[PDB]
Each structure stands twice: as structure tokens, then as C-alpha cells.
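Structural view - cyclothiazide in its complex with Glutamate receptor 2.
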Amino acid sequence: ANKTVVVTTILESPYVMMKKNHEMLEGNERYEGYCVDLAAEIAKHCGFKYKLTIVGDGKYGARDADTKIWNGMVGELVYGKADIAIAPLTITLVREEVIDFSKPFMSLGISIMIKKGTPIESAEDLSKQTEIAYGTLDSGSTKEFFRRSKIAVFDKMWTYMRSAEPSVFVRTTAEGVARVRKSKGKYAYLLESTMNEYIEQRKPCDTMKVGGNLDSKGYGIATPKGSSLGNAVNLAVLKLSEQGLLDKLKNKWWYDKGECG
Amino acid sequence: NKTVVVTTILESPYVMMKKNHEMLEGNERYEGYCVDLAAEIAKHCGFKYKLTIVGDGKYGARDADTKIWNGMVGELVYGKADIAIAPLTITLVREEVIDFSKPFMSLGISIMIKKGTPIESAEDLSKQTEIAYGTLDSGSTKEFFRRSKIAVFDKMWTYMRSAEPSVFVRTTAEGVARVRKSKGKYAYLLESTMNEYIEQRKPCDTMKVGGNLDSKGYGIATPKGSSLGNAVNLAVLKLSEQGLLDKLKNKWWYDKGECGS
Ligand SMILES: NS(=O)(=O)c1cc2c(cc1Cl)N[C@H]([C@H]1C[C@H]3C=C[C@@H]1C3)NS2(=O)=O
Ligand SMILES: NS(=O)(=O)c1cc2c(cc1Cl)N[C@H]([C@H]1C[C@H]3C=C[C@@H]1C3)NS2(=O)=O
Ligand SMILES: N[C@@H](CCC(=O)O)C(=O)O
Ligand SMILES: N[C@@H](CCC(=O)O)C(=O)O
Ligand SMILES: [Zn+2]
Ligand SMILES: [Zn+2]
Ligand SMILES: [Zn+2]
Ligand SMILES: [Zn+2]
Ligand SMILES: [Zn+2]
């Protein structure tokens with residue numbers, strides 16, 4: 001028995017990042033971040049050894065409408081490439097039907113990121129104007145939220161977003177962030193609040209979150225349907241939440257060493 | 001097949017008796033957030049149910065000597081109810097004996113004061129005595145404090161467990177009434193969700209002060225390994241994603257509110 005648990009995750013600040021001198025280190029030591037600290041804690045409390053591995057396609061997880069094949073981390077779990085996922089992977093209905101999620105370890109909601117000074121303070125504002133273009137991340141839960149909403153106003157935004165050109169979608173969060181920064185207030189980015197708040201406390205401190213969140217959910221630790229890790233992992237998340245560890249890690253990576261004062 | 005027995009608790013604004021309940025029968029006697037949620041869950045899972053108010057009026061705790069569970073948790077554990085649809089907090093000790101769906105509402109332990117009371121946080125309370133403070137018996141908030149190592153809370157616990165007259169109450173309505181009648185000499189520790197509701201109701205003399213002490217949520221509970229478990233979880237995710245949960249929240253907290261705004 002006793003096998004090293006394969007952990008799929010994704011390079012997304014400040015969840016998982018490459019260490020300054022990663023080239024001179026090996027294994028799990030090459031990485032640092034919120035999810036790296038949580039992984040160690042989860043493995044420690046569940047009593048298993050693990051190996052962190054970055055998803056090959058660098059995606060979170062979506063199902064191709066044609067081929068019906070899941071990509072990103074969800075795919076890793078569904079097709080047997082990984083035993084567990086420890087990343088900012090949002091708990092959703094479609095995913096929940098093919099994989100298991102522990103109770104959420106972090107909260108978030110879809111929010112709006114703008115370049116400071118951009119005349120926009122809500123989603124209503126974005127769906128009403130047109131000088132300012134907006135989009136989301138590809139293959140993520142935010143894009144799905146809009147494509148599946150039945151709430152008139154969000155459908156209105158979807159109607160615009162997926163027919164807009166040039167494309168308003170981006171491959172990575174960093175890509176969307178740069179687009180906001182280089183577009184002089186003519187591009188707003190729809191992303192999860194946790195990430196929005198993180199970038200907000202980072203140089204050059206030129207972005208900010210405006211308005212309230214569009215929804216409420218959280219990230220969960222995922223495992224293959226019917227896996228035997230699920231039970232213990234869930235109990236580990238509950239213990240860590242009640243002992244204050246999750247709150248501690250949140251401040252450590254978001255606010256403790258923020259650089260916008 | 002058989003009608004589902006639903007244990008819940010009389011707690012505003014989750015479950016309350018309609019002003020004309022005397023002339024009503026069955027589930028129609030009640031109204032509230034959880035009343036509406038149960039109707040939704042039942043419809044999406046395809047079952048008929050009977051709302052039953054928990055016998056002892058408690059949420060659920062374990063007697064340290066007999067190891068017997070009381071409240072809604074006991075109802076589930078001893079086979080008296082098939083499901084619990086109420087503002088029941090997801091906790092480690094409970095998860096060991098019953099199952100919880102994904103959270104359907106967020107909350108954190110908070111502080112309620114009579115408007116004008118000189119308290120801005122948990123520290124202000126911990127380091128003084130002219131103002132007494134307590135929690136609800138047989139609940140998760142009380143457990144939080146008796147298991148808190150975090151310096152300030154452990155200190156708050158030592159005071160609470162010994163103060164005379166008793167600082168604890170057996171219903172939220174009791175704790176709230178005591179706050180309103182003590183002239184700022186008593187502060188109450190309760191979940192933010194309930195604190196916020198009371199704050200919007202006349203006589204509009206109470207206040208939510210400081211930030212939350214922790215972060216968690218309520219979940220629909222079922223007996224371990226119960227059949228309903230899976231369907232109920234999928235329903236909560238669906239209700240959450242289609243905006244149904246957000247809709248009920250505004251309906252029962254802000255929509256109809258008495259303190260203006
Ligand atoms: N804002 S709230 O308190 O009304 C609230 C809180 C929450 C909601 C939905 C609403 Cl509306 N959904 C999430 C649920 C959706 C999926 C992600 C976490 C669970 C499963 N739980 S939550 O984070 O506890
Ligand atoms: N504040 S946070 O975003 O760092 C955060 C968010 C959450 C935490 C803990 C922290 Cl610290 N715990 C809860 C967990 C505790 C139990 C109640 C809901 C789950 C199970 N999930 S959560 O509501 O998503
Ligand atoms: N956390 C999201 C990805 C980011 C986003 O969609 O904005 C997911 O799990 O799909
Ligand atoms: N929601 C709590 C009861 C209220 C409280 O503890 O403040 C529970 O499930 O025990
Ligand atoms: Zn490098
Ligand atoms: Zn630990
Ligand atoms: Zn406006
Ligand atoms: Zn419905
Ligand atoms: Zn102590």
C-alpha cells in the first residue's frame with residue numbers, strides 16, 4: 001500500500017508560485033504559496049506523503065461541448081492522472097457531478113476589477129455602456145456562471161461577451177490583469193474576489209475591486225468520485241478552519257506582506 | 001415513498017410562526033427563510049415532507065458524561081428525523097456523527113451591543129468587567145470559546161464559565177432581550193446572520209460591533225450514510241447557482257426590514 005499521493009494544482013498567485021531559487025531545489029520545495037502550505041497541512045493531518053504537480057494544460061477545468069472531454073485539473077482527476085487537487089478550484093454543480101469536493105476552505109464571489117479611475121461601480125453599469133469592454137477567464141467557473149445564468153441581466157452580459165471582438169476572454173488571470181493595466185480604463189475584468197483583492201495589494205497599485213460580488217461560493221479540495229481520501233480530507237479542512245489555520249494563511253499570503261501600504 | 005420528517009428550529013427569520021398560525025395547520029403554520037428553502041429542496045429532490053419543531057428547542061451538543069446528543073443533532077442521530085433544515089452550523093464534532101451538505105449560507109461569530117455601549121471588539125470585552133457577556137447554550141458558538149486557544153478567546157471563556165448570575169441563555173430571543181434590558185451592561189455573542197437581522201428590526205436599539213471572530217456556514221444535515229444526502233447537496237448547489245439562495249436572503253433580512261436602512 002502506502003503510495004505517494006499525486007497532487008494536481010495550478011500556478012496562480014498567491015496560491016502556488018515558483019520559488020526564487022527553485023532551480024536549485026527539488027520536489028515540493030520548488031514551490032511556495034497558500035496552497036503549498038495547505039497541501040502540507042492536509043497531508044500531515046491525513047497521514048499521507050504527496051507530490052505536487054502543475055496541471056499540464058494550465059487550465060482549471062471545463063468540458064468541451066463537442067468531444068465531451070474535461071480539461072485542466074478536473075480532467076486530471078476524472079481521467080486518473082491525479083489523486084487529488086489542492087488549488088483555487090471553485091465548487092460547482094457540473095463539476096460536482098463528476099468529482100467530489102470537500103467543504104470550502106476559502107470564500108469568494110465573482111467581482112469586477114478596473115483600472116483606478118474607470119467610471120464603473122457595478123455590473124449594471126457594465127451591461128449598460130459600451131466604451132469599456134469586459135471579459136472573463138477561459139475554461140473557468142466565472143465564464144460558466146455567465147453562460148448558464150438565467151438572470152436576465154447576467155444573460156445580457158453573456159450575450160455581449162461571447163460575441164464581442166476582439167475576444168474579451170483571456171488564457172490566464174495574469175493576462176487579464178495586464179490587459180486591464182494597459183487598456184487605459186477601456187477594459188474591465190470579471191474575476192473571483194480573492195484574486196481581485198490580492199492584485200489590489202500589489203505594485204503598482206493601479207487596480208481595484210468595485211461594487212459587490214455577483215455571487216457567493218468557495219474553493220474546495222477535490223478528489224475522484226468515490227475516492228477514499230475524501231472523508232479524511234474533509235475532516236482535515238474542518239479542523240483547520242476551526243483552529244484558525246485557514247484565516248492565518250489567508251492573511252499571510254494576502255495582507256501580511258502586501259505592498260500598497 | 002414515505003413522507004420526510006424535517007426537524008427545524010423556531011429562530012427568526014429562518015422559521016417563525018405566522019401571525020395567524022392558530023387558524024392554520026401543518027407546514028402552513030410556519031414562514032421564513034428555511035421554510036422557503038425546505039419547500040425548494042423538497043421540490044428539487046421530489047419528496048413530500050412534514051416540518052417538525054425540535055422538541056427541546058436546541059441546536060445540538062454532546063453531554064460530556066453520557067455522550068448523548070440533544071437538539072436537532074440528537075433528532076438525526078437517534079432516528080427521530082430524516083433531515084435537518086435550519087441554521088445549523090457545520091462543525092467537526094457534528095460531522096463525525098451526521099452528514100452536512102455544502103453550506104447554503106455564510107456566517108461568523110459576532111458581537112451584539114445595546115447602541116452606545118463602549119465596546120468595539122472582543123478584546124475590549126475580554127479586558128474589562130462592568131459589561132457582562134455570554135453565548136447560547138448547546139450551540140456551536142459556545143463550543144468555539146471552550147475550545148479556543150487563541151489568547152483573547154480562551155480568556156473570554158474563563159470569564160464566561162464562572163460568572164454569576166449565569167452569563168448563558170437557552171434561546172437567541174433570551175440573549176437579545178437581555179441585551180435590550182441591561183442598559184449596555186450585557187453584550188451578546190451570536191452569529192452574524194442573526195445579529196444583522198435583529199439590527200434591522202425595531203426598536204432598532206441593538207448593534208453589530210467589530211468584525212467576525214471566524215468564518216463558516218450552515219448546512220442541511222442528514223443521518224450518516226442517508227440516501228437523501230446526495231440529492232440534497234446537488235439541490236443546494238443548484239439553488240445557489242441560479243441565485244435562489246441570494247433571493248431568499250434579501251427577502252428575509254433586507255427586503256422587509258423595519259429600521260429604515
Ligand atoms: N451570501 S449567502 O450568505 O446568502 C450565500 C452563501 C453561500 C452560497 C450562497 C449564498 Cl447566497 N453558496 C455556497 C455554495 C455554492 C457552492 C460553493 C460553496 C457552496 C457550494 N455556500 S456559501 O458560500 O455559504
Ligand atoms: N475567510 S476565508 O475566506 O479565509 C475562510 C472561509 C471559510 C472557512 C474559513 C476561512 Cl478562513 N471555513 C468554512 C468551513 C468551516 C465549516 C463551515 C463551512 C466550511 C466547513 N468554509 S468557508 O466559509 O469558505
Ligand atoms: N477558480 C476558478 C477559475 C478562475 C475563474 O474562473 O475566474 C475555477 O475553479 O474555475
Ligand atoms: N447555529 C448554531 C446555534 C447558534 C449559536 O451557537 O450561536 C448551532 O448550529 O449550534
Ligand atoms: Zn523560474
Ligand atoms: Zn496542523
Ligand atoms: Zn451607478
Ligand atoms: Zn427551484
Ligand atoms: Zn481555558
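Every chain is numbered from 1 and lettered A, B, ... according to where its sequence line falls, protein lines coming before strand lines. The way this entry was determined, per its header, is X-ray crystallography, 2.2 Å. Note that ligands are numbered from 1 as they come in the structure, with each ligand's atoms numbered from 1 the same way. Values below: every heavy atom of this structure, side chains too, minus hydrogens, waters and symmetry copies.
- The ligands or chains attributed to cyclothiazide are ligands 1 and 2.
- Other chains with a heavy-atom distance under 4.0 Å to cyclothiazide (ligand 2) are given as A, B.
- At 4.0 Å, heavy atom to atom, the residues around cyclothiazide (ligand 2) are A:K103, A:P104, A:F105, A:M106, A:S107, A:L238, A:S241, A:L246, A:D247, A:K250, B:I90, B:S215, B:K216, B:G217.
- Of the protein's heavy atoms, A:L238 CD2, 3.6 Å lies nearest to atom 16 (C) of cyclothiazide (ligand 2).
- Considering backbone and side-chain atoms together, A:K250 places no N or O closer than 3.5 Å to any N or O of cyclothiazide (ligand 2).
- The deposit names the source of chain A as Rattus norvegicus.
- Given atom 3 (O) of cyclothiazide (ligand 2), the protein heavy atom at minimum distance is A:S107 N, 3.1 Å.
- For cyclothiazide (ligand 2), the polar-atom distance check finds an N/O of A:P104 within less than 3.5 Å of one of the ligand's N/O atoms.
- Of the protein's non-hydrogen atoms, B:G217 N, 3.8 Å is the one closest to atom 18 (C) of cyclothiazide (ligand 2).
- Closest to atom 15 (C) of cyclothiazide (ligand 2), if we only count protein heavy atoms, is A:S241 OG, 3.3 Å.
- Close N/O approach between B:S215 and cyclothiazide (ligand 2) is found [any backbone or side-chain N/O within under 3.5 Å].
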